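Naming convention: chains lettered A, B, ... in sequence-line order (proteins, then strands); numbering from 1 in each chain. All values below come from the heavy atoms of this structure, side chains included, with hydrogens, waters and symmetry mates left out. Determination method: electron microscopy, 2.9 Å. Part of the entry, not all of it, is on display, and contacts are counted within that displayed part.
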Amino acid sequence: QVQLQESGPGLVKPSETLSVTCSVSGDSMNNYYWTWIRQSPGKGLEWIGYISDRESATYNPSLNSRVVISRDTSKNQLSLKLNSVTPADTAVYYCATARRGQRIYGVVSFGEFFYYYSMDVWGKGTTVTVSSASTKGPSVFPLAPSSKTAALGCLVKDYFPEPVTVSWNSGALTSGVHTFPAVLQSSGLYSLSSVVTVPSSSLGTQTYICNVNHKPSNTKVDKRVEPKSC
Amino acid sequence: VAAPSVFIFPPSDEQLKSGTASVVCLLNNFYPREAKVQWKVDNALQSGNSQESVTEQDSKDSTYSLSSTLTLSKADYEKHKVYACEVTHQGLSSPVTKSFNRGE
Amino acid sequence: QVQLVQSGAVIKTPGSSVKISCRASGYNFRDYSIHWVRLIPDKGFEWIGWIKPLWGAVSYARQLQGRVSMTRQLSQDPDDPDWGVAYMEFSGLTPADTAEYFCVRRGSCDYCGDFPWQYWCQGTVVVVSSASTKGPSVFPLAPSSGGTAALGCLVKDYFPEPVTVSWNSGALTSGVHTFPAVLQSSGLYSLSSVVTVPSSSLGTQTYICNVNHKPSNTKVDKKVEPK
Amino acid sequence: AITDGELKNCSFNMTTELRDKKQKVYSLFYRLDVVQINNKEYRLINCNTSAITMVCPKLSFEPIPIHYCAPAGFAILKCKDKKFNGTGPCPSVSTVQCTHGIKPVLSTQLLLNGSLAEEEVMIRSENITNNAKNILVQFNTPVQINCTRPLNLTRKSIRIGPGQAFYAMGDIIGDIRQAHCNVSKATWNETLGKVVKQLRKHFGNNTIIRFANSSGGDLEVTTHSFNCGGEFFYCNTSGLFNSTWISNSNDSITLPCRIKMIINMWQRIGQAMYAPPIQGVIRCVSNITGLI
Amino acid sequence: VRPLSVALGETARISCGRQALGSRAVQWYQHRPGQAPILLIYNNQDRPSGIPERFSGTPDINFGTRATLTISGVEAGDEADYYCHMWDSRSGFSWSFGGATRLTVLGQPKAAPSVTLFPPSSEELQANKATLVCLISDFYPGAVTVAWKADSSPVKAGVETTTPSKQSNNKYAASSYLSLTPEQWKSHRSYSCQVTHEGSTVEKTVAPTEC
Ligand SMILES: *[C@@H]1O[C@H](CO)[C@@H](O[C@@H]2O[C@H](CO)[C@@H](O[C@@H]3O[C@H](CO[C@H]4O[C@H](CO[C@H]5O[C@H](CO)[C@@H](O)[C@H](O)[C@@H]5O)[C@@H](O)[C@H](O)[C@@H]4O)[C@@H](O)[C@H](O[C@H]4O[C@H](CO)[C@@H](O)[C@H](O)[C@@H]4O[C@H]4O[C@H](CO)[C@@H](O)[C@H](O)[C@@H]4O[C@H]4O[C@H](CO)[C@@H](O)[C@H](O)[C@@H]4O)[C@@H]3O)[C@H](O)[C@H]2NC(C)=O)[C@H](O)[C@H]1NC(C)=O
Ligand SMILES: *[C@@H]1O[C@H](CO)[C@@H](O[C@@H]2O[C@H](CO)[C@@H](O[C@@H]3O[C@H](CO)[C@@H](O)[C@H](O[C@H]4O[C@H](CO)[C@@H](O)[C@H](O)[C@@H]4O)[C@@H]3O)[C@H](O)[C@H]2NC(C)=O)[C@H](O)[C@H]1NC(C)=O
Ligand SMILES: *[C@@H]1O[C@H](CO)[C@@H](O[C@@H]2O[C@H](CO)[C@@H](O[C@@H]3O[C@H](CO)[C@@H](O)[C@H](O)[C@@H]3O)[C@H](O)[C@H]2NC(C)=O)[C@H](O)[C@H]1NC(C)=O
Ligand SMILES: *[C@@H]1O[C@H](CO)[C@@H](O[C@@H]2O[C@H](CO)[C@@H](O)[C@H](O)[C@H]2NC(C)=O)[C@H](O)[C@H]1NC(C)=O
Ligand SMILES: *[C@@H]1O[C@H](CO)[C@@H](O[C@@H]2O[C@H](CO)[C@@H](O)[C@H](O)[C@H]2NC(C)=O)[C@H](O)[C@H]1NC(C)=O
Ligand SMILES: *[C@@H]1O[C@H](CO)[C@@H](O[C@@H]2O[C@H](CO)[C@@H](O)[C@H](O)[C@H]2NC(C)=O)[C@H](O)[C@H]1NC(C)=O
Ligand SMILES: *[C@@H]1O[C@H](CO)[C@@H](O[C@@H]2O[C@H](CO)[C@@H](O)[C@H](O)[C@H]2NC(C)=O)[C@H](O)[C@H]1NC(C)=O
Ligand SMILES: *[C@@H]1O[C@H](CO)[C@@H](O[C@@H]2O[C@H](CO)[C@@H](O)[C@H](O)[C@H]2NC(C)=O)[C@H](O)[C@H]1NC(C)=O
Ligand SMILES: *[C@@H]1O[C@H](CO)[C@@H](O[C@@H]2O[C@H](CO)[C@@H](O)[C@H](O)[C@H]2NC(C)=O)[C@H](O)[C@H]1NC(C)=O
Ligand SMILES: *[C@@H]1O[C@H](CO)[C@@H](O[C@@H]2O[C@H](CO)[C@@H](O)[C@H](O)[C@H]2NC(C)=O)[C@H](O)[C@H]1NC(C)=O
Ligand SMILES: *[C@@H]1O[C@H](CO)[C@@H](O[C@@H]2O[C@H](CO)[C@@H](O)[C@H](O)[C@H]2NC(C)=O)[C@H](O)[C@H]1NC(C)=O
Ligand SMILES: *[C@@H]1O[C@H](CO)[C@@H](O)[C@H](O)[C@H]1NC(C)=O
Ligand SMILES: *[C@@H]1O[C@H](CO)[C@@H](O)[C@H](O)[C@H]1NC(C)=O
Ligand SMILES: *[C@@H]1O[C@H](CO)[C@@H](O)[C@H](O)[C@H]1NC(C)=O
Ligand SMILES: *[C@@H]1O[C@H](CO)[C@@H](O)[C@H](O)[C@H]1NC(C)=O
């Protein structure tokens, strides 16, 4: 019913206003109370704060006053803005909605209850890190097939900020498409290696382009796999 | 009065692989509680190797069971062939036996 | 209400000694005598002793001299006089002392004696056995192939009791017979458990004997079929 | 997090067995029974003038029917006229040895577990046109009430001296809830349909009869006092006495209710009592037979 | 954060660890690594759509019995972290999750390896690099070694891996990149990919003329 996509730049510089925007469809956003949760790597989860429908602004008293939520009802776009960001703000950001409940334990209209929330739509997550480094365009080289099924592959050398998205046939090939972790280089970079299973009776026929996307460096790539006699 | 349906459970290899097997006479669904249930090993009376237990009178049928055992060593069961019990009641006009010849 | 809470179930080895407590409430504990009686499984009752509170004066049987001893604990509260705790220590245990012990009070009276026993505690069983805790195995029982026939299993050589045995987990309950625990073969019990089914279904279904010896966390499942 | 607190959690010194050693003890006093001296430091409500005598724990205060009897040479006469407003001749008299058993209950503004009338509501006063005289009302049918203290409590056993202890509140095992009482609404609105009906024979048919609530005072006279279950409830009754009358199912009225445990009954100079806490929740059921 | 371990099929029991006071409203999640959390139990008892019926909280508890999660029978894809989210009446507004227990199941099969082979890609052999890549998977357990010999001689230079990590099919994986160059290829007649699991070794060989 409600579909949630996360957006956000892969690298930002320290001491800078962070911005994570939540793409929302369905337009049923004015029946819910919106929030953000995050997981700094190596820890459990932690909430961030609540925005209501009437805009009642609360936030966690484990962060300082440097947190602000805005919500748009026109473009239907939620915003998260961590001000004066540090490397302590290295985490994975989930946009979420929650309903209300109340557990009555006594006489109503004496105030003998309390509220409890729960989350119902889970988003897709955006990963953001903080460093003084700059974004580096990749060096993409498609890997040729072998003679058996068959081993279609791709290499994205020299990429940071990580992760890497690699698809096939301009996105249209989803059968047998899988990637593994991009292996950490000693130079502070990363090298993705792809693996895709295609039959060899077909792999030498169609137009297998290694399709990559890269938002943080602002580059799109389409390079053709060439056949070889392995 | 009533009559119990006599059984004889053969000595399985499941317990003779441990060295002591169980020849189990087994009476069910009778009254009165008293009974004279005897047994024989190769048509010969034994003793001192049995533990017999009765049960209590049921709340639905008001009847009784009985289960005796004949626990011997593994040399003693394969030595003999003809295994049988004996059942004797006020409500039976004839002694009833059932048999299980060993190896046959 | 005149309550007499006795604790508790004990398993010991021969040569040892046990202390059994008996908490009373609902009456003035400093006023009424407390008998101790023992209920042998094959000899009937046997009077152990007799304790009188407010001073602790005791008397015993004469066949239990030199072994038994009992005392009490008086509540000292000016705003709660109605409870109290009795004790009993029964030393020199042997396996022939296994029975169920009771802690028995009389009732209010005008024209009677001391021994008529009105309020009864629940009792506790003191087992004296040199056997150690051991799990049960399981062994199937069936005929080779109209008339009804006994399927069943044999649950042999366990310690201590009780084994709870269910059938096909566990809805097969009709036609199900259990025997009390067969006595000590070198210190270990066994249970017979047979189920009568018509002899057509022997060649059709697979039957399960679910042994649950809880004090040793043993669980076994034998299939029973016409072999 | 404060919504509207009731209890307070305290700390003080207390002697051990040997009366030269001092230890820290706590308790849970209500806020009515604690006043301020000047973190922060508090004390009890009456350390100036009164010696607060702890009511013994072996005691029990409870309504039990007392029969008033006359010794030899004396007799008691009982009226049986059903229209007896309280004065003048009673044409039906019978001698009695001992009166019926009245249950001594000490309450204000409402008469609990009383004796009923016979046919109709009986309004009864001394000099009706005089303001300073109270107006006694007596019902022919009882009006039921249900009262509770819905929070659970235990007792500490902080000793004082050799053989003399002291009981206090220890823990809230559960959840904090306000003590309250229910009166049904459809029975209360019909029971006022009778008190208005026979007030108008004393004042006039075409008059308007209204009920207000109070105009001031202490807790003993602005509210409804009990003595039930061993505790002392002071319920706010501004929801019952509130309506007008103009001469033409299951919804209960809830009444909020306070609790205090240092009471001074009859207001004697320098004297005060103390009720020890009751272990467990308290439940009460009573009838209302009459008003003042 | 906290481990937990049962056999496959064995009933898992997760106590929370929040000494709840008063009246409560517990919530349990499935946080399956690689994905986002999933609301399992709602308001002590509600299992919404998309949650399988093998998961159930405690609807029948009175006041004072500890809430515990009961998974009836565990499937391979059920290794995850199980947070107990517990609000109370004698506490403030509750923003601390509290853990949690990781149901790591035992009795899972089975290590059955394979190596996928990848060429020296002729588009960047002119840029003096080699795309000799092995891509390894299909394990249980997944703590696995990758190795690269120069025909008998172990080399470690130019090699960069990660730690092992799971796939989507509940088996593990291991991947590796090699920074070899056409100066380092032609010095030896061949290199060979080696994968070991539990003492057993897979051997695959490559060459510039036989990839
Ligand atoms: C003076 O008069 C006053 C008013 O006349 C009285 O004030 C009343 O005081 C009581 C307390 O004594 C209050 O009760 C509480 O109300 C909660 C709110 O109720 C909501 O939901 C109701 C559901 O209706 C069903 O259930 C009720 C009772 O179960 C039943 O009467 C009704 O016909 C129907 O079957 C709905 O009707 C209401 O309008 C509200 O929407 C109520 O939920 C509370 O019960 C909770 O809490 C207690 C303690 O925690 C539990 O023991 C209960 O079982 C129940 O908890 C259940 O739900 C929880 C989820 O919220 C779960 O966590 C629990 O595990 C449990 O779940 C089981 O039971 C459910 C019932 O079947 C199932 O659905 C579940 O699946 C599980 O099986 C609590 O009782 C009154 O609200 C209050 N009235 C007013 C108007 O304020 C006052 O008492 C009087 N004083 C005197 C002295 O007489
Ligand atoms: C108006 O009249 C009604 C009708 O009698 C009256 O209600 C009565 O209140 C008393 C309060 O003492 C009730 O007595 C209690 O009843 C409960 C029921 O479970 C018992 O548990 C109690 O037993 C305890 O008593 C002591 C309390 O500490 C302990 O010493 C003892 O060991 C027990 O624990 C006790 O019997 C009585 O039952 C009701 N009556 C009815 C019919 O329910 C009401 O109090 C009167 N109104 C006023 C303001 O007094
Ligand atoms: C309670 O009931 C009694 C009797 O039922 C009431 O007493 C009655 O009071 C009236 C007051 O007006 C008396 O009437 C007056 O009588 C005198 C002579 O006695 C006369 O001079 C006056 O003009 C007037 O008629 C009446 O006599 C008296 N009843 C009897 C039997 O003497 C009393 O008023 C009632 N109380 C209330 C508060 O209503
Ligand atoms: C404990 O609760 C009391 C009761 O609400 C609080 O009392 C306040 O005291 C201040 C002191 O002058 C008053 O100005 C307020 O009007 C009182 N009430 C409220 C609701 O604030 C007290 O603040 C509480 N204790 C602490 C340490 O905050
Ligand atoms: C009232 O205050 C006392 C202490 O002033 C509290 O008792 C403490 O409870 C904690 C539980 O988290 C224990 O660790 C401490 O050891 C206790 N202190 C003492 C001296 O026993 C008590 O919990 C408070 N009561 C309420 C209802 O808040
Ligand atoms: C004991 O009495 C004194 C005198 O009334 C109380 O102290 C305060 O004194 C000033 C000036 O005398 C009065 O204006 C205040 O009204 C008094 N406060 C109160 C609360 O009465 C003192 O508080 C009293 N102590 C106790 C325990 O009641
Ligand atoms: C009030 O609290 C007491 C505990 O202080 C509760 O008594 C317990 O009740 C449970 C459930 O029956 C028992 O398992 C415990 O043994 C009891 N404790 C004691 C010390 O007796 C009591 O039930 C509570 N009352 C209410 C109405 O909830
Ligand atoms: C006061 O409490 C009593 C229970 O002690 C209530 O009596 C019950 O009322 C309901 C509704 O009419 C009936 O279903 C029950 O059968 C009644 N109980 C008994 C024992 O008869 C009574 O309704 C309450 N009164 C008020 C005014 O709330
Ligand atoms: C009932 O009595 C209460 C107090 O006993 C009266 O409450 C006051 O109401 C006025 C509004 O007219 C408020 O300004 C005061 O603050 C209230 N007093 C208190 C102590 O809070 C009330 O007027 C009376 N009447 C009704 C119909 O409720
Ligand atoms: C008794 O209860 C009435 C209400 O039932 C109380 O009146 C309330 O007083 C507060 C104080 O300002 C107001 O905020 C509420 O709006 C009033 N309620 C209504 C309905 O008007 C009254 O104050 C209570 N008595 C005492 C002494 O507090
Ligand atoms: C409180 O009122 C009730 C209601 O009258 C009394 O309970 C009995 O209720 C029945 C109704 O079926 C009447 O017929 C009885 O006459 C009532 N009394 C008795 C003794 O059974 C209840 O008794 C009243 N409380 C007291 C203390 O008298
Ligand atoms: C003791 O003897 C008296 C004599 O009258 C008799 O009444 C009483 O029953 C006897 N007591 C017992 C316990 O037999
Ligand atoms: C009670 O009933 C009367 C008559 O039906 C009605 O006029 C009045 O509004 C009701 N309520 C109160 C509070 O008097
Ligand atoms: C008031 O009403 C009563 C009702 O019967 C009647 O007897 C009386 O005469 C009336 N009084 C006036 C002044 O109307
Ligand atoms: C008093 O009466 C008014 C008018 O009927 C009503 O609105 C108000 O709620 C009453 N007060 C209380 C405390 O119920």
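- Per the PDB entry, the macromolecule in most contact with chains A and E is Envelope glycoprotein gp120.
- For chains A and E, the recorded drug is 10-1074.
- Heavy-atom contacts below 4.5 Å between 10-1074 (chains A and E) and other chains occur for D.
- Top chain of 10-1074 (chains A and E) by heavy-atom pairs under 4.5 Å with chain D: chain A.
- A heavy-atom cut-off of 4.5 Å gives the epitope of 10-1074 (chains A and E) on chain D as D:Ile172, D:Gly174, D:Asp175, D:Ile176, D:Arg177, D:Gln178, D:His180, D:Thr254, D:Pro256.
- Residues of 10-1074 (chains A and E) in non-hydrogen contact with chain D below 4.5 Å are A:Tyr105, A:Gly106, A:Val107, A:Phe110, A:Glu112, E:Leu21, E:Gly22, E:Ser23, E:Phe63, E:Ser89, E:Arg90.
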